Structures are given as structure tokens and as C-alpha cells.
Undergrad: 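So that we are looking at the same thing, I have put the structure below in C-alpha cells.
Numbered from 1 within each chain, the chains take letters A, B, ... in sequence-line order. Readers should note that the entry appears only in part, and the reported contacts come from within that part.
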Amino acid sequence: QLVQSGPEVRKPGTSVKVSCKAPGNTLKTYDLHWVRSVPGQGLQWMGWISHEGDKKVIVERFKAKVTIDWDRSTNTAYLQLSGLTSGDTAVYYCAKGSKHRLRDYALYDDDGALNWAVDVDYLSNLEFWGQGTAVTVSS
Amino acid sequence: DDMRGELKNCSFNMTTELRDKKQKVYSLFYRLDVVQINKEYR
Amino acid sequence: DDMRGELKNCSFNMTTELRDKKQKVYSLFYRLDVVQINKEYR
Amino acid sequence: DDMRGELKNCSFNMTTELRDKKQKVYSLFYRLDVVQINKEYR
Amino acid sequence: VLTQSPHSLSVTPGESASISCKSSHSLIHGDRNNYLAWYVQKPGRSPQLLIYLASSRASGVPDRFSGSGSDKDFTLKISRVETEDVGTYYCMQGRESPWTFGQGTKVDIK
Ligand SMILES: *[C@@H]1O[C@H](CO)[C@@H](O[C@@H]2O[C@H](CO)[C@@H](O[C@@H]3O[C@H](CO[C@H]4O[C@H](CO[C@H]5O[C@H](CO)[C@@H](O)[C@H](O)[C@@H]5O)[C@@H](O)[C@H](O[C@H]5O[C@H](CO)[C@@H](O)[C@H](O)[C@@H]5O)[C@@H]4O)[C@@H](O)[C@H](O[C@H]4O[C@H](CO)[C@@H](O)[C@H](O)[C@@H]4O)[C@@H]3O)[C@H](O)[C@H]2NC(C)=O)[C@H](O)[C@H]1NC(C)=O
Ligand SMILES: *[C@@H]1O[C@H](CO)[C@@H](O[C@@H]2O[C@H](CO)[C@@H](O[C@@H]3O[C@H](CO[C@H]4O[C@H](CO)[C@@H](O)[C@H](O)[C@@H]4O)[C@@H](O)[C@H](O[C@H]4O[C@H](CO)[C@@H](O)[C@H](O)[C@@H]4O[C@H]4O[C@H](CO)[C@@H](O)[C@H](O)[C@@H]4O)[C@@H]3O)[C@H](O)[C@H]2NC(C)=O)[C@H](O)[C@H]1NC(C)=O
Ligand SMILES: *[C@@H]1O[C@H](CO)[C@@H](O[C@@H]2O[C@H](CO)[C@@H](O[C@@H]3O[C@H](CO[C@H]4O[C@H](CO)[C@@H](O)[C@H](O)[C@@H]4O)[C@@H](O)[C@H](O[C@H]4O[C@H](CO)[C@@H](O)[C@H](O)[C@@H]4O)[C@@H]3O)[C@H](O)[C@H]2NC(C)=O)[C@H](O)[C@H]1NC(C)=O
């Protein structure tokens, strides 16, 4: 299982922080995802930062106001929100999953080396999910 | 009219001065000089 | 019983005539030509 | 005080014995032998 | 972009329901992998996974859940349902970044 920070209430305008912790260090090879769940509006994908540390994809719709960090030493996921508007009043879930790092077009060299490779990675699944943190913004 | 298909642009990838970074280099070639395998050629 | 384990069916990757692609190619190697690092040999 | 930045600790990803896996390898270079593009040098 | 139908469901317990997630792109990388998975959210609970790559269920989910499909047409045929399977269902496509959810299918016991 996973642990998330407790429910939070924030006055709009300032920032909020959410922490997702794994028990000890048993989930390190798996990649990290953040999701949002506006009630009655389905679920949205906040973004992900992978597990090797080579990706930081965050959806552009939330790129400006949302940051996702990972502390290796404590093995802790950090989610920072800045705008904190009425639309952010919802439940944020931390998920641990796995991807498929396929190798697409790659330029081998004459001698047989690997000059470069786009090797774009594909999302496979999100096995482990946090208990969910409710963030309430009230004016 | 006689150049309908007698020249090809044939843009393709290469490695720059650094063997890690990429570079999309475009060129020109004659029809008699490439073979189909848009449509890829070699 | 004599040639048990003295022939290895090894499949691997090779650079083809082009370079943007690679091919999976299988071959037979005598045990005296390969060393362990199915199993990964070199 | 005469070696301020003269020696650069540069690491790269030169291929290992077999031409399929990359290995992180460090070395030292003289500042007259590198050019900037920690930072990136070639 | 992605959608699925029907928007809401109501099936008598003990029967089999089928929901279809309609994509808008290939959803196939080479020829076989179908980077589309199903996620079920129980009421007041974190969503749970049922099947990844639209083919194989994970460890800890029984045989009831079963998804299958190809290209852009994928269906999950939940058979022998009970009171513990009521909730909302979503489909994730990982074929193209950014990866998105669906609009959710709320299943109810009829
Ligand atoms: C120099 O190198 C670059 C690499 O950077 C290379 O770029 C490729 O260019 C080709 C042609 O422009 C692209 O092919 C197009 O792909 C469109 C969708 O791509 C998705 O799928 C990609 C993987 O699928 C390919 O491989 C599988 C398995 O072999 C095969 O089944 C598929 O058919 C396809 O060939 C995937 O890599 C790609 O990922 C991109 O996007 C993600 C998300 O943003 C990003 O994270 C990645 O980094 C990458 O940018 C993407 O997920 C496809 O729609 C398109 O289809 C054409 O034809 C149909 C039918 O005619 C038309 O309807 C359509 O409009 C298109 O015209 C086409 O197949 C390929 O994706 C590029 N690769 C990458 C990594 O970007 C250059 O070609 C090289 N230069 C050369 C060779 O000269
Ligand atoms: C010749 O060249 C080809 C190039 O295509 C190469 O084949 C590809 O090799 C790569 C390298 O392993 C493969 O990438 C892995 O793919 C698996 C999924 O494989 C299944 O599904 C495919 C279809 O998609 C099937 O064809 C295949 O048979 C399998 O059924 C991924 O799951 C792997 O992901 C793991 O590694 C990633 C990094 O590489 C991680 O980011 C990721 O999170 C996964 O982590 C794994 O390891 C963790 C520890 O490191 C562990 O904790 C996790 O739990 C997890 O297990 C990986 O991306 C690719 O599938 C091959 N096929 C194709 C079509 O690309 C040949 O191998 C090569 N021949 C040689 C070298 O001899
Ligand atoms: C030899 O090969 C190895 C692995 O095979 C390489 O090691 C990795 O190299 C990649 C570069 O391709 C590194 O990825 C980059 O890491 C940066 C580290 O940033 C730290 O600080 C920021 C805050 O500023 C934190 O957010 C972050 O988590 C890190 O703690 C990132 O900043 C980079 O992010 C940028 O690029 C990504 C996409 O790549 C974008 O999404 C981001 O927005 C941002 O623009 C990037 O992720 C990776 O860290 C290396 N890992 C290790 C273990 O070394 C070697 O680089 C390679 N060496 C050579 C010479 O080829």
C-alpha cells in the first residue's frame, strides 16, 4: 500500500504541498504518477516523473501551476500546487506503476554502436495507489 | 514536364559533431539514384 | 552424447544494410568460441 | 592557485567491451582540450 | 482523446455486462501490445486496476474481470457480478502522451 498526506484546506491564492510515501523503500523501481479526481467529472492525469529520473512529463494544462518532485533519500513523492483555484478543490491520488520503455528509431553506427535513440516510453499500468488526499479551497 | 519525378528531396537523419546529438539533414538526389522500400527510399 | 552442449544456438541483433533498422539473426557457434557473461553469451 | 579550472573531471558514456551497452566512465582532461557548449563539454 | 459507452449502466446482479472504450488513434504499438488498461473506483475508495494491456489481469484480481479487443474497439465483459463490483470504471490509453482517463461509466445493480 501507499500513504498520503492528510486532508488539507487552503485559502485560494497561496500554495499547497502533498506528500506520498511508500513503506520504507520497497517501491523504487516502479514509476510515479499523480492523478486528480473532480467528483462527477471523471479523473485527470496530473503527470509523471518516471523512476530512473530521465522524465518529468506534466500535462501542459497543469504545467504552470503544478510541480512533481521525488526525494530519493527519503523515497517521497512531492506534489506542489500554486494557483489553488476553485477547480483544484478535489482529491489528488499518488500512484505507483510500471511503464514500457520501448526502443523506437535508433541510429546505430557503422561499427555497431548506438549513436542515439528516441526510445520513447509507454505507460503500462498503475498497480499501487495512495489512499487519496482531499484538498479543499474555500473563499 | 520532363522532371516529373526526376528529383527527390530525401531528408534524413545524421549525427552532428557530437555522436550523441541528432541532426535532421536534408539533401537532393536523382530518381535513378534511389530505390523505394510518405514513401521511404534508400 | 558426445556433442552435448558443444554447439550453441545463439540469436542476437545486427546492424542491417541500412542503419536506422536492426535485424534479429540466429546462428550456430561452437562452445569454444563463446563465453557466458536462455543465457547471455559473448 | 595556478590550477583554477585548468583540469576538468569529465565523464562520458563510452561503450563497454561488447558493442551494445553503455558504461559511465570518468577521466581528466586539460582545459585547452575541452570546449563548452556542472556543464557540458566536448 | 478517448471516450467509452454506455455512459451509465444498470445490470441485474448475477448477469454479465460489457462496456466498450472507443479510442481515437491506433492504440497498438507494434502489432500485439494494446496499451489500454481498465481502472475501477469503488465508492469512497482509491481506484483499483483490473487489467493492463487489455489482455491480462494483474495479481490479486479474480477471473470475473476480463477485457479484450483490438485497434480501437475494446470491451470488458464483467461476468457474474455481485454487490462488491458496483462503482465507476475508466480506461487509460498509454499509447500516446499525454495519457488520459475516460469520462467514467457508473455501474449499478438493477
Ligand atoms: C529521424 O528520427 C526521428 C526520431 O525522432 C524520426 O521521427 C519519426 O518520424 C516518423 C514519420 O514522421 C513518425 O512516424 C509517424 O508516427 C505517428 C505517430 O507516432 C506515434 O507512434 C510512434 C511509434 O509508432 C511507430 O512505430 C510503430 C512500431 O514500429 C509502428 O507500428 C507505427 O506505425 C509507427 O511507425 C511513437 O514513436 C511516436 O512517439 C512520438 O510522440 C510521443 C508523444 O508525443 C513522443 O513522446 C515521442 O518522443 C515521439 O515524438 C508516436 O507515439 C503516426 O501517426 C504517423 O502516421 C503517418 O502516416 C499515417 C498514414 O499515412 C498518416 O495518417 C499520419 O498523418 C502520418 O503521416 C507516422 O507513422 C515517427 O513517430 C517519428 N518518431 C519519433 C520518435 O518521433 C524521423 O522519421 C527520422 N528521419 C528519417 C527516418 O528520415
Ligand atoms: C534486439 O533489439 C530489440 C529492440 O526492439 C530488443 O527487444 C526489446 O528489448 C527491450 C529491452 O529489454 C525490451 O524492453 C522491455 O520490454 C518489457 C516488455 O516486454 C514485454 O512486452 C513486449 C511487447 O511490448 C514483448 O515483445 C516482450 O516479449 C515482453 O512480453 C518492458 O516491461 C521493460 O520495461 C522494464 O524496463 C524498463 C527499462 O528498460 C523500465 O523502465 C520499466 O519500468 C521496466 O522495468 C523492469 O525492470 C525493473 C528493474 O529494472 C523491474 O523492477 C520492473 O518490475 C520491470 O520488470 C523493457 O522496456 C523490449 O520489450 C524488447 N522488444 C521490443 C519490440 O522493443 C532485443 O532485446 C534485442 N536483442 C538482444 C539485445 O539480444
Ligand atoms: C550517460 O547515460 C546516463 C544514463 O544512461 C545518463 O544519466 C542520466 O542522464 C539524463 C540526461 O539525459 C538525466 O536526466 C536529467 O536529469 C536532470 C537532473 O535534474 C535534477 O534537478 C532537477 C531540478 O532542477 C530535478 O527536478 C530533477 O529531478 C533532478 O533532481 C533533470 O533536470 C533533467 O530534466 C530535464 O529534462 C527532462 C527530459 O529529459 C524534462 O522533462 C525536464 O523538464 C527537464 O527539462 C533530466 O531529467 C538523468 O538525471 C541522468 N541520470 C543519472 C543517474 O545520471 C548520463 O547523463 C549519460 N551521460 C552522457 C555523457 O551521455
Undergrad: By the name used in the PDB entry, which chain has the largest number of heavy-atom pairs within 4.5 Å of chains A and E?
TA: Envelope glycoprotein gp120
Undergrad: According to the PDB, which drug is present at chains A and E?
TA: PGDM1400
Undergrad: Mind listing the other chains that have a non-hydrogen atom under 4.5 Å from PGDM1400?
TA: B, C, D
Undergrad: Using 4.5 Å as the cut-off, state which chain of PGDM1400 shares the most heavy-atom pairs with chain B.
TA: chain A
Undergrad: What source organism is recorded in the PDB entry for chain B?
TA: Human immunodeficiency virus 1
Undergrad: In this deposit, what name was assigned to chain E?
TA: PGDM1400 Fab Light Chain
